[PDB]
Undergrad: 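In this model we see propofol bound to Proton-gated ion channel.
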Amino acid sequence: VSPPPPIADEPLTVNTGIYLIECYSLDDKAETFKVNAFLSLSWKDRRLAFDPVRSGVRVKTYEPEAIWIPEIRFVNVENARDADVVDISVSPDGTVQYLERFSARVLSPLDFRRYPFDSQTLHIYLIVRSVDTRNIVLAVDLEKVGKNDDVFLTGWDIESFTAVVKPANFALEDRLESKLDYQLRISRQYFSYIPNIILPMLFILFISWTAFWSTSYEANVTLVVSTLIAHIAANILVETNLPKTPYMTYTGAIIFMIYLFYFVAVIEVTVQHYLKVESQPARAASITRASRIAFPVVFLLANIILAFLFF
Amino acid sequence: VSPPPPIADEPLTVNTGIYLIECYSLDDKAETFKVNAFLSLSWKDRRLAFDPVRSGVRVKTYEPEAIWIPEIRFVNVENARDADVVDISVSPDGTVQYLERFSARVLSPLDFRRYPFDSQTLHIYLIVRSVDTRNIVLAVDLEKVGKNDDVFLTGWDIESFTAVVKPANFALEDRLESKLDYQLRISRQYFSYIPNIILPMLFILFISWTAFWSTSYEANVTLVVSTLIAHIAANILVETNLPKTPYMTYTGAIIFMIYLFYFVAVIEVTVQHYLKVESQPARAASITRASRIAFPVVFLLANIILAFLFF
Amino acid sequence: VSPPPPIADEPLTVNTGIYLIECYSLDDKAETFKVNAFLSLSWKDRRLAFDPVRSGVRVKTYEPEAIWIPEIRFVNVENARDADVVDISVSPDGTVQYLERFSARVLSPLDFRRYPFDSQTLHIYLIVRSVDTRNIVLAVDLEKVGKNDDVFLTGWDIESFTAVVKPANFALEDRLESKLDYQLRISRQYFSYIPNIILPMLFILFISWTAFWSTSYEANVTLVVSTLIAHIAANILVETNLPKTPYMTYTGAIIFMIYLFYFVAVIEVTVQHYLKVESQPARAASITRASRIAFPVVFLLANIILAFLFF
Amino acid sequence: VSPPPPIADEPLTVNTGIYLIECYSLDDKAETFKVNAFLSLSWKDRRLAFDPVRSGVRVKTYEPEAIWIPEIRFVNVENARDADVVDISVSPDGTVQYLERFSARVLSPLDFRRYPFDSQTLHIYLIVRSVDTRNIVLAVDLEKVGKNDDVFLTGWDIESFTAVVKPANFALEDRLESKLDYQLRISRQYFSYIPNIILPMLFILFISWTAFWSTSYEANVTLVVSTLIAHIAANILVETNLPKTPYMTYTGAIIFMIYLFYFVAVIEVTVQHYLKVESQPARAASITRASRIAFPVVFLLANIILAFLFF
Amino acid sequence: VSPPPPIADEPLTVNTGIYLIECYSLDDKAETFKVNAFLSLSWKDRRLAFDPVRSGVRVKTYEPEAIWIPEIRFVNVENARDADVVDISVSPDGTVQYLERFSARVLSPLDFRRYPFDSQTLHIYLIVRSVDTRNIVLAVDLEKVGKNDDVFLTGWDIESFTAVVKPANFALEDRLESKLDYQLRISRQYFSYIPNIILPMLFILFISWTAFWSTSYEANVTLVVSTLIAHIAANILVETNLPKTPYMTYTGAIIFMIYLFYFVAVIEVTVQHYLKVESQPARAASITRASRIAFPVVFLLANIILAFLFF
Ligand SMILES: CC(C)c1cccc(C(C)C)c1O
Ligand SMILES: CC(C)c1cccc(C(C)C)c1O
Ligand SMILES: [Cl-]
Ligand SMILES: [Cl-]
Ligand SMILES: [Cl-]
Ligand SMILES: [Cl-]
Ligand SMILES: [Cl-]
Ligand code: NA
Ligand code: NA
Ligand code: NA
Ligand code: NA
Ligand code: NA
Ligand code: NA
């Protein structure tokens with residue numbers, strides 16, 4: 001129970017492969033996702049080699065404790081994976097074919113810049129630490145890298161699950177470390193966001209703009225202020241389903257922009273009333289009539305500007 | 001231990017059976033449900049066979065570690081099942097009768113299209129991976145497939161728990177995989193939804209329609225706007241108890257439709273007031289009188305259209 | 001390590017007893033409760049018998065692995081109990097006295113029909129599966145069935161903890177199953193509900209009825225509508241602390257009834273205003289004066305009707 | 001591996017000691033707190049005695065499985081403690097000095113009568129069950145009872161951690177049980193409650209009292225009703241951070257009292273308006289002028305009465 | 001399996017090192033953070049010495065149970081760390097090089113005085129208890145102390161991860177304890193707080209100040225009261241994401257100060273109206289005109305005073 005000895009002075013290549021069985025619980029706020037998959041490992045151990053003609057069997061099955069197995073770990077995991085060894089098969093040349101079924105909560109940062117029209121690249125980093133006898137290098141066996149067709153992630157479209165074939169070999173605490181990158185590309189299902197958040201938020205804003213077709217300050221105050229309270233409720237609802245980003249998000253920009261539109265509408269409503277009391281409604285009517293065109297035009301213009309800056 | 005050797009070149013049939021003891025925690029947002037059940041397994045191992053006459057005993061009881069047991073796993077589970085082996089009995093012909101009691105959180109997608117008048121088909125997928133010595137095929141023993149009469153799922157009616165007798169045999173990572181489908185059919189108890197969400201949401205909408213029997217713009221603004229705020233509160237309450245679907249739900253359609261009715265009511269209230277100020281209330285009175293009939297008629301019409309499209 | 005052999009052809013009686021140490025976490029929505037208790041088990045194993053005179057000792061102490069112990073399980077538990085064996089004592093006749101301390105989350109449905117003036121019967125079902133050698137039957141040893149005096153359940157009064165002495169013996173998967181019923185009777189502490197939810201909800205309803213002593217439609221709309229928003233807030237607060245029941249609850253009935261009172265008050269307020277505008281306030285004043293008596297009388301009458309139907 | 005034999009007919013005294021390392025997660029609603037501490041145990045086992053001269057060593061170190069250790073449990077815990085044995089030392093006379101580091105979620109009821117100006121006495125109950133060979137009695141070794149200086153409980157001031165030196169010896173299931181009481185005295189940090197809940201709640205109430213300096217019923221309705229909605233929001237916020245008590249709390253009393261003040265203010269506002277419409281404002285002005293003095297005086301008076309009844 | 005014997009009378013130096021792999025879940029309310037890191041331990045055990053010539057290997061690999069490993073614990077952890085031993089290597093002199101990968105929830109108090117423009121010093125305390133044979137002293141091996149470049153903490157900037165090289169050696173329960181301090185310095189990413197909470201909270205306050213450009217008491221009441229309700233919503237949203245501190249926070253001060261500004265605005269609105277009714281609007285106009293300048297000036301002044309007191 002030690003690493004296999006090298007024939008010359010070559011590092012031990014451990015061929016890896018992750019096959020996704022179940023994908024679930026993508027927490028946007030925590031930037032984590034739960035995964036249930038197969039982990040396949042393959043290496044050459046010449047000490048386990050046998051003659052197939054004399055043995056009578058073409059493959060030998062071993063228990064994990066009986067043979068040497070590379071200590072393969074995941075970098076971006078909360079806790080160590082819950083694994084159950086499925087099978088260990090040894091071919092006559094000494095090539096081990098290890099398979100285990102694992103479940104782990106993976107930590108992968110998300111880019112909310114384009115939310116809810118955003119795409120993500122979820123990562124799963126495989127790692128091996130080189131032993132004192134010899135160095136261990138990871139490899140990708142594309143034949144054993146894939147996903148089940150049933151694999152569904154609620155509110156997401158699963159594009160592809162590939163692996164960066166070239167490992168990131170580096171020094172860590174005076175020992176070699178071979179790191180592999182498994183990438184799960186996903187795109188957000190933005191459909192629900194339109195009738196649930198986008199359109200209701202636009203309607204309450206358009207309702208506040210009816211104050212531009214009214215001279216009643218008491219009714220105008222009620223219109224602009226109440227709809228602002230509805231927008232504050234909408235802002236709270238959205239910001240709780242998202243983490244605190246050091247960058248501006250597309251939704252964050254719009255929500256903040258809408259706050260300015262309510263503030264400027266309050267100013268207009270205040271100015272309109274002040275001029276009516278000061279016995280000059282001709283100045284107020286012209287401002288109110290201008291606002292009827294200005295508010296939707298500037299809103300459409302600014303939205304085009306924002307959409308261009310983000311997409 | 002190792003798999004039992006085949007007499008000819010036949011695959012090993014492992015007869016299965018799931019008997020539900022407890023069903024609980026159906027998370028709609030997570031599309032998961034917790035289950036506590038019996039898992040019965042039966043296979044022929046000729047190496048364990050004995051003569052009942054000289055043994056003196058008709059059945060031999062073994063501990064799990066003593067004999068070979070097929071590695072039976074669940075496909076759609078978050079983590080590996082928590083199992084406690086109940087009994088292992090061996091008949092004289094070598095037929096093993098294994099029984100275990102398990103508990104597992106099962107991942108099964110739900111169809112919210114008809115919510116809260118929806119029915120679901122919960123799945124439990126049993127799976128076995130074929131070994132190098134011989135292939136393992138799963139079978140359904142209908143005698144050991146059932147459920148306890150006490151089995152209750154909060155807010156759901158349990159119809160039936162059956163199994164698709166024919167297994168889905170397929171190739172996975174260069175090995176045969178035998179997959180069985182256990183189906184738990186349930187229907188939602190929609191009763192509570194009527195006095196808690198449906199009727200209160202209709203009442204607040206009918207209260208907004210009283211603005212069609214009033215000329216006071218200040219009172220009308222207060223009526224339509226405040227009731228809209230109540231509907232926004234109701235929308236938030238409903239959408240949090242449901243996951244983000246790429247398709248339209250029945251409740252989602254109604255909620256969204258009601259938003260249009262509030263918006264058009266605001267427009268009516270705005271138009272009515274604008275005409276009263278412009279000294280033409282005959283035009284306003286006729287629009288307001290038409291709305292008294294139009295709003296309930298178009299609402300009833302659209303609801304019939306929606307109910308037909310969904311049911 | 002097999003069951004004790006029968007002297008004749010009698011089943012093995014395993015005397016049980018549950019002594020509650022701690023009762024906590026009664027989740028109304030989940031219909032679950034956490035329990036920490038002692039589980040006492042007693043059976044006759046003649047193979048363990050000894051002469052007290054020759055042995056010099058009255059009782060022999062064994063480790064769980066050394067002797068045969070019946071596989072006692074709980075039916076209505078989420079996961080298998082966390083148990084620590086306290087003591088195993090054997091008397092000279094071969095009678096084993098087993099004791100363990102366990103902790104388990106128990107699933108017991110609750111009847112919310114009379115909430116918050118409801119009483120519950122929490123269940124703990126003990127079960128044993130008969131082995132092939134002989135049948136195992138459960139029994140109640142009332143001496144070892146009880147509870148600690150400190151045992152407290154937050155917001156509940158603990159009446160009694162008894163056991164149904166006669167077991168439910170039945171056939172399951174071609175084997176005998178002996179099931180015992182341990183009942184924990186509790187009654188809800190309804191005190192808090194009066195100053196926190198009942199009285200504040202009645203006050204906001206009485207505030208809406210002040211519109212019957214006002215002719216100002218603008219003020220009346222504000223009165224009835226705002227108080228309705230407060231009642232919607234109260235409805236949301238209550239319904240979240242309760243699960244979705246297929247039956248009507250006492251609180252559910254009142255909340256729904258109060259919604260009708262707000263709707264009819266809106267109708268009255270609308271009718272009153274319509275008649276004032278139509279230049280016939282004598283008709284409006286008489287309706288408004290009638291409502292001053294009708295609303296509290298019909299409310300008190302309907303509450304008496306509801307209380308009678310539920311209690 | 002059995003209890004040490006008595007020299008005469010004396011019970012075995014097991015000297016205990018708890019040294020708090022970390023105190024955290026005091027859940028007020030659940031009435032639980034998490035603790036990380038050292039558990040020291042000391043007893044005399046003459047079978048383990050040795051001559052220091054012949055042995056060459058003054059102290060013998062044993063592994064838990066090698067020697068007999070008393071089964072010490074905690075009464076008021078959710079689940080059995082997570083313990084790691086630190087050290088087991090045996091002096092030449094046979095005195096064992098056991099030490100372990102544990103972590104456990106402790107259930108201790110809290111008295112919310114004086115909340116948020118309340119003090120609590122958290123309990124940790126140590127217990128031992130007497131074996132058949134001899135009786136086990138617990139003792140307090142004050143030298144090994146203490147706490148770390150860094151020990152902090154968020155929003156609480158830690159006064160003292162002492163132990164009731166005299167154990168509660170009692171009979172349970174025909175066996176002796178020795179119970180010890182470890183008391184952790186804490187007092188609530190009420191500072192935050194003043195600018196966050198107390199003062200904002202008083203301000204909204206004083207804002208409602210401005211209706212006593214106004215004749216506008218429409219403005220008065222808006223004043224008293226809106227501020228009541230703010231108080232309902234405050235009531236919901238407070239009651240969620242507290243469990244449902246069968247007794248009245250200090251905060252509960254104030255919140256409920258404030259509801260009466262809003263109701264009486266609505267009555268005043270209603271009466272004032274009714275008299276203005278009935279063409280008798282001299283009666284209304286006198287009532288309104290009286291209320292300007294009555295409301296703050298009766299509020300201050302009732303608060304003094306309440307503070308006296310609770311403190 | 002006992003500590004290594006000293007050559008003279010020197011304490012055993014155990015060289016430590018923590019290398020952060022993943023940093024996540026910084027709960028502000030709980031004052032906890034989750035960490036996934038490498039724990040390296042190195043000590044001299046002369047009993048494990050070997051001749052590389054005779055053994056055939058330059059470095060001997062052992063399993064944890066085979067050799068003596070110092071009982072290294074963390075002080076400020078909720079529960080004992082979840083560790084997986086990576087490697088144990090022994091050089092021919094007997095120097096052990098232990099490595100494990102751990103995951104633990106660390107308890108570290110935070111200073112919210114400057115929130116959300118605050119910086120924190122997270123602590124990780126390593127500790128060893130001296131055995132009876134010899135004393136164990138901890139040391140820092142700066143070569144094995146570091147962090148991964150990918151290490152990200154959501155909403156935080158990771159400055160440095162260093163260790164206090166000099167251990168805190170002290171007496172505890174009559175035994176020596178060597179304590180090391182690993183410090184993770186972080187600074188809050190305050191960006192999000194500006195468009196999400198700061199600016200929307202300032203806008204609603206400026207909207208309330210429009211009442212200084214209006215004589216309509218009914219509109220003014222609606223303005224100041226509704227915006228106060230929005231500020232109460234904002235206060236609740238902020239205070240839930242923060243724990244109850246016995247000290248004043250920067251955000252806590254501003255929120256509380258804003259409450260005074262709303263109260264004084266209500267007083268102004270009340271005074272203005274009272275004077276208009278008392279037929280003296282010249283006194284009211286002058287107060288209202290003064291408030292137009294006073295409110296923004298005093299607000300800016302007080303904010304400068306607060307920012308100076310906190311920064
Ligand atoms: C406290 C709560 C559960 C409750 C009980 C009884 C009556 C009501 C209202 C509807 C008056 C109520 O909300
Ligand atoms: C974002 C939040 C924590 C906060 C920080 C700083 C200042 C304010 C006020 C001025 C809005 C504030 O609420
Ligand atoms: Cl891992
Ligand atoms: Cl499984
Ligand atoms: Cl169980
Ligand atoms: Cl314990
Ligand atoms: Cl630890
Ligand atoms: Na191995
Ligand atoms: Na086996
Ligand atoms: Na046993
Ligand atoms: Na022992
Ligand atoms: Na060791
Ligand atoms: Na109003």
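Chain naming here is simple, since letters A, B, ... match the order of the sequence lines and numbering starts at 1 in each. First listed ligand is number 1; within each ligand, the first listed atom is number 1. FYI, side chains are in, hydrogens and waters are out, and symmetry mates aren't considered; it's all heavy atoms of this structure.
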Undergrad: Please list all instances of propofol by ligand or chain.
TA: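 In this structure, ligands 1 and 2.
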Undergrad: Which other chains does a heavy-atom search at under 4.0 Å around propofol (ligand 1) pick up?
TA: C
Undergrad: Do any UniProt-annotated transmembrane segments of chain C have a heavy atom less than 4.0 Å from propofol (ligand 1), and if so, which ones, counted from the N terminus?
TA: 1, 3
Undergrad: Apart from propofol (ligand 1) itself, which ligands or ions come within less than 4.0 Å of that drug?
TA: none
Undergrad: Going by the PDB entry, what is the biological origin of chain C?
TA: Gloeobacter violaceus (strain PCC 7421)
Undergrad: Hey, could you tell me which residues sit within 4.0 Å of propofol (ligand 1)? Heavy atoms only, please.
TA: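 Going by non-hydrogen atoms, it's C/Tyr115, C/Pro116, C/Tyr193, C/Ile197, C/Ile198, C/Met201, C/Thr251, C/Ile254, C/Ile255, C/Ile258.
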